[PDB]
Protein chains: 4
Amino acid sequence: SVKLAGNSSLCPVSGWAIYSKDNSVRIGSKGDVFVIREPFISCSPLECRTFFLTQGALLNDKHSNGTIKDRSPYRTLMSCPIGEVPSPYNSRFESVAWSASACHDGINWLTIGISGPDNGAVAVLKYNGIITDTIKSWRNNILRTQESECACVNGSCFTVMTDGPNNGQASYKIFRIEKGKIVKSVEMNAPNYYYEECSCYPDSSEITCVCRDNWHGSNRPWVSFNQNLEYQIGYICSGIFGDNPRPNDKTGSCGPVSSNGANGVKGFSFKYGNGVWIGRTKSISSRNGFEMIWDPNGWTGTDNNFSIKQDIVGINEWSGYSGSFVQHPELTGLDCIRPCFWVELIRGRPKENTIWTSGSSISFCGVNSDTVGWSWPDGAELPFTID
Amino acid sequence: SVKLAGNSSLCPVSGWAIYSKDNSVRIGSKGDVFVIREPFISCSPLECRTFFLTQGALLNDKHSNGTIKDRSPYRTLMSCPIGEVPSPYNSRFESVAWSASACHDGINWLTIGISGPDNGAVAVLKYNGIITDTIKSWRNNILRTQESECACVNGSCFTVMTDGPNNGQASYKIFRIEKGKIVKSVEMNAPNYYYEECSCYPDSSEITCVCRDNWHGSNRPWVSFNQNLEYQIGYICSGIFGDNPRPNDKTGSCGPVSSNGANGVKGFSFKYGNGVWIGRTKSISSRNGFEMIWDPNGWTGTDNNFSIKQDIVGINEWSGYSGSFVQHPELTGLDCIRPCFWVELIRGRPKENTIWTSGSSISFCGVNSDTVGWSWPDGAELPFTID
Amino acid sequence: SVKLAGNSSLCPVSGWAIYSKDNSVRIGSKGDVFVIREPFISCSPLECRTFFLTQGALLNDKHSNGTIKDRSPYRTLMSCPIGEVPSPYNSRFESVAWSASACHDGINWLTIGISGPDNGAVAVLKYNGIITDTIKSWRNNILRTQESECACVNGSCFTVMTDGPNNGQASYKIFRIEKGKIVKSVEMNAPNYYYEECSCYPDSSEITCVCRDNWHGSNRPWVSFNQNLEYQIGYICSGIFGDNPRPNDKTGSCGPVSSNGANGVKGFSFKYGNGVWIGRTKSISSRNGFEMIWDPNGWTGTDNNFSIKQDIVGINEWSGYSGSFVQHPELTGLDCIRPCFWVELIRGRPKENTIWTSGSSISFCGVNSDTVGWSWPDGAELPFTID
Amino acid sequence: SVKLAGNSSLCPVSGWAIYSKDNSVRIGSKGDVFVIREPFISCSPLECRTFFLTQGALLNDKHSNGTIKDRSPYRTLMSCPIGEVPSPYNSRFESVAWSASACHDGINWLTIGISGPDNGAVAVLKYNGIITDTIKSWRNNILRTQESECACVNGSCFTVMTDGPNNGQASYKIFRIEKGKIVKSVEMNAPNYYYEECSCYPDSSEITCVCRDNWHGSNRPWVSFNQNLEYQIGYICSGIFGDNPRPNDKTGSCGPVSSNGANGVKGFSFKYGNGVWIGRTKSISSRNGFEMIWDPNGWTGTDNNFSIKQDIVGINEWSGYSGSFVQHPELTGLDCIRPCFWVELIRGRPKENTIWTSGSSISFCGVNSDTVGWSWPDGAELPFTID
Ligand SMILES: *[C@@H]1O[C@H](CO[C@@H]2O[C@@H](C)[C@@H](O)[C@@H](O)[C@@H]2O)[C@@H](O[C@@H]2O[C@H](CO)[C@@H](O[C@@H]3O[C@H](CO)[C@@H](O)[C@H](O)[C@@H]3O)[C@H](O)[C@H]2NC(C)=O)[C@H](O)[C@H]1NC(C)=O
Ligand SMILES: *[C@@H]1O[C@H](CO)[C@@H](O[C@@H]2O[C@H](CO)[C@@H](O)[C@H](O)[C@H]2NC(C)=O)[C@H](O)[C@H]1NC(C)=O
Ligand SMILES: CCC(CC)O[C@@H]1C=C(C(=O)O)C[C@H](N)[C@H]1NC(C)=O
Ligand SMILES: CCC(CC)O[C@@H]1C=C(C(=O)O)C[C@H](N)[C@H]1NC(C)=O
Ligand SMILES: CCC(CC)O[C@@H]1C=C(C(=O)O)C[C@H](N)[C@H]1NC(C)=O
Ligand SMILES: CCC(CC)O[C@@H]1C=C(C(=O)O)C[C@H](N)[C@H]1NC(C)=O
Ligand SMILES: *[C@@H]1O[C@H](CO)[C@@H](O)[C@H](O)[C@H]1NC(C)=O
Ligand SMILES: *[C@@H]1O[C@H](CO)[C@@H](O)[C@H](O)[C@H]1NC(C)=O
Ligand SMILES: *[C@@H]1O[C@H](CO)[C@@H](O)[C@H](O)[C@H]1NC(C)=O
Ligand SMILES: *[C@@H]1O[C@H](CO)[C@@H](O)[C@H](O)[C@H]1NC(C)=O
Ligand SMILES: *[C@@H]1O[C@H](CO)[C@@H](O)[C@H](O)[C@H]1NC(C)=O
Ligand SMILES: *[C@@H]1O[C@H](CO)[C@@H](O)[C@H](O)[C@H]1NC(C)=O
Ligand SMILES: *[C@@H]1O[C@H](CO)[C@@H](O)[C@H](O)[C@H]1NC(C)=O
Ligand SMILES: *[C@@H]1O[C@H](CO)[C@@H](O)[C@H](O)[C@H]1NC(C)=O
Ligand SMILES: [Ca+2]
Ligand SMILES: [Ca+2]
Ligand SMILES: [Ca+2]
Ligand SMILES: [Ca+2]
Ligand SMILES: [Ca+2]
Ligand SMILES: [Ca+2]
Ligand SMILES: [Ca+2]
Ligand SMILES: [Ca+2]
């Protein structure tokens, strides 16, 4: 057992190969599958796992009612092997949680589970399933974290948490965690910026996060930092806007794009010098479709020109949250950190006539060999028996 | 593989961080979940498991009828990983049992399962799943034990069993067990005391148990002993009465408090010199709510003053049994024995209009970092389809 | 990994401690549990397992219809951990089989599964799941074997199979198997005797089997042999008759007792010099009740006097097959081979108004510490939804 | 952990002993069993697994509707232990796929999953569950592969893929794969031949495949090749025609037999010098029955004389696909590669009046000990509740 190094670069990729699809909603029409949202994938040096927030209820049972609601004492962070449906019979218990993160440092799993009331929530940190630290809300307004993997470099793992308003300026903290103990945190000086639900990855010993501006930005904010939590900030400049909702593509900005800026969706992007791989919905107004776009000057340039598009989910199909995950050299035998991504395919409320809301998932890994666009959608036929 | 030392002291703690929640009754509305009661948690040097007594039946199935009944030949002691629902598809069989204890000595699991008739019950002891001893009823009146983990120090494990009436003086025995063999037993000289369902923990090579007085005490009796089973006895002095039912808080006693003293509920407390952490129900009269209370002179002092109260379950929510469990240094890497506790959230009879009685659970570990009070209730909507 | 020695004596025992109960039928009212019959228990140097013949169907589903039928192409030998319900989600596949045996030599599992037509069935032998030998019917009349564990001594495993009429003289062969290969077999000279469904155990390097005389004996036949398959034969002499059906207890015989001799039930007994532990039904005419009797001169003496009786299942409750299993010193750390037993608790046809027949199980291990008689019955309320 | 040598010859065999049967459709009537088709078996040096293509849906649930359809975005390659039903609670996820292959090289599993559109499908190759390559459609017309195990020799694994029309000349490529990376590929010069759904096995360091001619052959084509992918081609000469449909047996041909030659079924055969073991349907016109036939000159001779026939599934029972699988010496301890085979038992559309199509399986291993013919059919009673 050895710490992941996290010191190689991101592998450059030409397209995305499908890695997993779980068909959870399809299978939960009959089988015992958790009602879930906020899924994400994270890997150890030996296997990849799907992490997700349960509702403490199964699909197609009465306790699925009301599950549009984000935060309750019943929600738990749990994990199963990638591509398997999340069921009480295959799922490992991680933490009591209505907001979460997790990541493996090479030696053990770190899990971060936020529960408690909206005015003073507490994140419980676990290393190898043992409680190792806690951190309490510091603005008393829904302490919340990534809903995707935290990032590890040389035995330290890093995450971002936000506390405060979700329709205005909030507070954003970056954390360095070692064996599940917070060893350093910094509060970001970021006036007129808004960060939430960061998708963070390691690249050459430093962390880059792409996040959700729920306040006033239809492009995505980014923060990058070193092991000492010295950070830089910015927004993705590309006029290929990454949030949902958003405007039609036009000239972008290196600040927040106010047009259609309020509200948002968790997502991700990968930086490659001045270029960017952008994952986004296909709809500008709802969580429908998904596509990957390579924009070779999109990190720093404001034009709406891009070089490559790869379809993932079709425009008339439900999508949802998306996030980054990596596969480190210790897992693959490669010489670079491999970028991958997952998409949550949300079914039910508020868009469909059900009592419940739940998602399934798809994921892909970046390759340089041949790939193809298609649509891999959820596939479930709603409503269900219980509706 | 090495014996747990058990020679460090209990970690002083300032608050309780939430560790697990299984949502078993919400899930068993559709999934295949055992009807259970009397769960408890116990840990090895590698993992924590939930142990429970099934009723040989699944929730929402006709065999769950009459599960108010305590003792039958169908009841079995099983276990699963902490925070998962108890299902036949994830559950390890331990013993045939309608009363039980279990604990791991660092090398293997000890399990204690009592079955057979009320007038001649037999505890079957197993080590690593092999039967290694038996002990038979010596008062022919419901031989019964902790319904929580036994306690181990340096290769020896310890438990308490009771035999006799449950509305008067009974007989209380203390056992030393090594590799599943009873190596010593003593009968307590405790006239006017009553002890059952003891919650016992190791602390500086010695055992402390905090039990239930079902005869005439609304404070909790305690017994502590060394490896030779030389023991001392008393009741918790605090005016913050620990049993349910009980009177409102007032001046306490260092012997049994007869007011509201008949009947009771399994519980626990942790001793820290002259102070005490008390877990108890929030209602004085029924199994509702739960809270933890730090009384810095409550072990030996009789006033009803205390310094910390942390909410766990809201007063209008169903409560039940509670018990201690520890995490040893061999598991955590800490220099002290970490105290944790679980709470059984009972649903169904006699308080609700169902044909069945079954419980879910929640657990908490002691920490010194920030924590928050809240309510983490069972969450199921009764009645169920079978009712 | 080392061969079981099989050279110590059977442990002398004063009574029987309950080891397992699975509540299969109760649990299969809702959950996914196999329809099964002919269960049995067998242990490796590390765990004990329940082996059973499925009907290729689950309880409370329509394909359970007609499962009174013994032999079909759908029946499979499968195994799960002891005390767990046999479910498609916890059961390991062993062999296609409508008659079976299994046993662990200390290194790997041997399994023996008979399938094919009644006029030319074939036993498929597997060692660690790999086909290692076959043997075909030699009388073309339902080749059949123990329906309980084979017995191992110093790397060789032994079993008995029968072929021919079930209401008359048939043929009986004994086999020595090494790494799943038959290395020697002999056909017994046993005129006027009948052997099937043998319960065989090792004791001081030799094998003793107690079997079912379906032709004309209400006491049990026995055959014992050394590693060379040199054998001795006889019937249990005790007037405490062991089969079902049988007469009421009277003077026994060392030959087959013809009174109520026809038909039978698989059973077991353990020899201790001139004495015998007899397991049997409590009813003389149907498979109801179960009891363990120590008769100190019952192996060779014909009187109906015994010294000890221990109730297991009460007279008005369904029972069924029973068999021996052992726990070798390599598993327990004892200096003797420990005797144990299981009882199948048959539910459904032909005695009850259902479409199906299935069993659950209980088992016990022999001890010298205190024990108690009771009744641990199946517990299921028939008929079921499907009926 | 060591690479499978693959340098020994195939074990000559005299008959087929039954190895597994899952009863999946019978079990799926109540249990949580995937709708599947195109199952196959493949073994490592430690265990044998069944691989299968799910339809992303369970039996007896509405999502099973329309599962006659071959290719969708929901279909996934998963695996479970041989003889267990494929359930989401015992199934390992492998790949997103509507056509697949898998094999173990002695160190890790290679999996090949083709998904995406008919005009541009991509095979995703994984080694130990990590994506290691991709190959994309080169004729834009349903890239498709074996639906059975690939074959490995000394650390290289080999498969066959087809792209083009399924009613005319297509293009056929052979691949060498090492640690999941394509290291060589060749396109076959095979005018007037057609190959798909190849059953390929190793034998004396070389690969033999027997395939399906869907264009104009009612005998089966074959291709054999060495590690450098230098190949030879031919059709099986026997007048015992192996495809389905086919004409009645008569004088065969060493090229494609046009009579009844369009259409087909996946199958297999084993070469032993100039002789062949042929598995085929018993019906000449639909997928009914199964039998094995040893024709000692059938590889190269055109007569319809043969010497052994062993019944496997009766002529009035549904059969389907069949394929080879091997057990290497590293798994068995033998001095030769053991031949085995599986048969897919298809139920539902198009032959039965259901909304769904799904398969169970049986499997057999070659032996030289005694064996028997019989029928081991699927056994389910259609229609189901969902129909
Ligand atoms: C899905 O859930 C909604 C919301 O219900 C609320 O949350 C649930 C999980 C439960 O804890 C409910 O107890 C809780 O009400 C269900 O709508 C609700 O239905 C109930 C009874 O069917 C309504 O009860 C009424 O309440 C009013 C007071 O406002 C009384 O005057 C009435 O006499 C009656 O008691 C309840 O009002 C209603 N809640 C809302 C917000 O409309 C809904 O039925 C459920 N759907 C299914 C399929 O279960
Ligand atoms: C199987 O699928 C068919 C085709 O989609 C279903 O039939 C359709 O049902 C929808 C829902 O009401 C109707 O709007 C269409 O008129 C139907 N089309 C046809 C051709 O019938 C059918 O209900 C499905 N069966 C199940 C069990 O889901
Ligand atoms: C707390 C504010 C935040 C942004 C609006 O709400 C999130 C939005 C969500 C959404 O936009 O789908 C779902 C998240 N589960 C929720 N997070 C929490 C912690 O409740
Ligand atoms: C036997 C007396 C005892 C105290 C009154 O009953 C206990 C009370 C219980 C209770 O108060 O909820 C549940 C326990 N399962 C039961 N124990 C047994 C062995 O049945
Ligand atoms: C084959 C004769 C034998 C004795 C009558 O039948 C057995 C009796 C049985 C019984 O008495 O319950 C059930 C067994 N499963 C059956 N064995 C076989 C192989 O079918
Ligand atoms: C694509 C042509 C091919 C031959 C007609 O179809 C196959 C026939 C099938 C069949 O004859 O049963 C089922 C296979 N799953 C299908 N393969 C794919 C990739 O769809
Ligand atoms: C990265 O870290 C590894 C492990 O410490 C080290 O061997 C190597 O020299 C470092 N950097 C690169 C880019 O290879
Ligand atoms: C990684 O951390 C270890 C332990 O703190 C330290 O010795 C080492 O210098 C670190 N490596 C780098 C490249 O910072
Ligand atoms: C605890 O016991 C261990 C036994 O290995 C011993 O080494 C040590 O002296 C003791 N520790 C404390 C904290 O007293
Ligand atoms: C249900 O339980 C009651 C006792 O509460 C019992 O006496 C009654 O007979 C039971 N009903 C069934 C159907 O088992
Ligand atoms: C613990 O037990 C061992 C073996 O019985 C003994 O040698 C040792 O002295 C004990 N340690 C203490 C601290 O009592
Ligand atoms: C059971 O099988 C019998 C015999 O085939 C049949 O006649 C009967 O209707 C079936 N019953 C049920 C409930 O399926
Ligand atoms: C055990 O078996 C081996 C043969 O494998 C033999 O050499 C050895 O002597 C045997 N022991 C006895 C006591 O028979
Ligand atoms: C097997 O492959 C290894 C590594 O390529 C090589 O050393 C060896 O010569 C090969 N064996 C044969 C028989 O070709
Ligand atoms: Ca926004
Ligand atoms: Ca651009
Ligand atoms: Ca009391
Ligand atoms: Ca006080
Ligand atoms: Ca008889
Ligand atoms: Ca006698
Ligand atoms: Ca053809
Ligand atoms: Ca021929």
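Just so it is clear: chains get the letters A, B, ... in the order the sequence lines come, proteins before strands, and each one is counted from 1. Both ligands and their constituent atoms are indexed starting at 1 by order of listing. If you're wondering, the header gives X-ray crystallography, 1.7 Å.
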*Looking at ligand 4, what drug do we find there?*
oseltamivir carboxylate
_Bound partner of oseltamivir carboxylate (ligand 4), most contacts, as in the PDB entry_ = Neuraminidase
*Tell me which other chains have a heavy atom under 4.0 Å from oseltamivir carboxylate (ligand 4).*
B
*Which residues and nucleotides from other chains come within 4.0 Å of oseltamivir carboxylate (ligand 4), counting heavy atoms only?*
B/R37, B/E38, B/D70, B/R71, B/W98, B/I142, B/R144, B/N166, B/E196, B/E197, B/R212, B/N214, B/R287, B/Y321
*Check: B/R144 N/O within less than 3.5 Å of oseltamivir carboxylate (ligand 4) N/O*: no
*Counting both backbone and side chain atoms, is some N or O of B/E38 under 3.5 Å from an N or O of oseltamivir carboxylate (ligand 4)?*
yes
*If we only count N/O pairs under 3.5 Å, is B/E147 in contact with oseltamivir carboxylate (ligand 4)?*
no
*Sub-3.5 Å N/O-N/O distance, B/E197 and oseltamivir carboxylate (ligand 4)*: no
_List oseltamivir carboxylate (ligand 4) atoms under 4.0 Å from B/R287, heavy atoms only on the residue side._
10 (C), 11 (O), 12 (O)
*If we only count N/O pairs under 3.5 Å, is B/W98 in contact with oseltamivir carboxylate (ligand 4)?*
no
*Which residue holds the protein heavy atom closest to atom 3 (C) of oseltamivir carboxylate (ligand 4), what is that atom called, and what is the gap in Å?*
B/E196 OE1, 4.0 Å
*Would you mind running through oseltamivir carboxylate (ligand 4) and noting each atom that sits below 4.0 Å from a heavy atom of B/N166?*
2 (C), 5 (C)
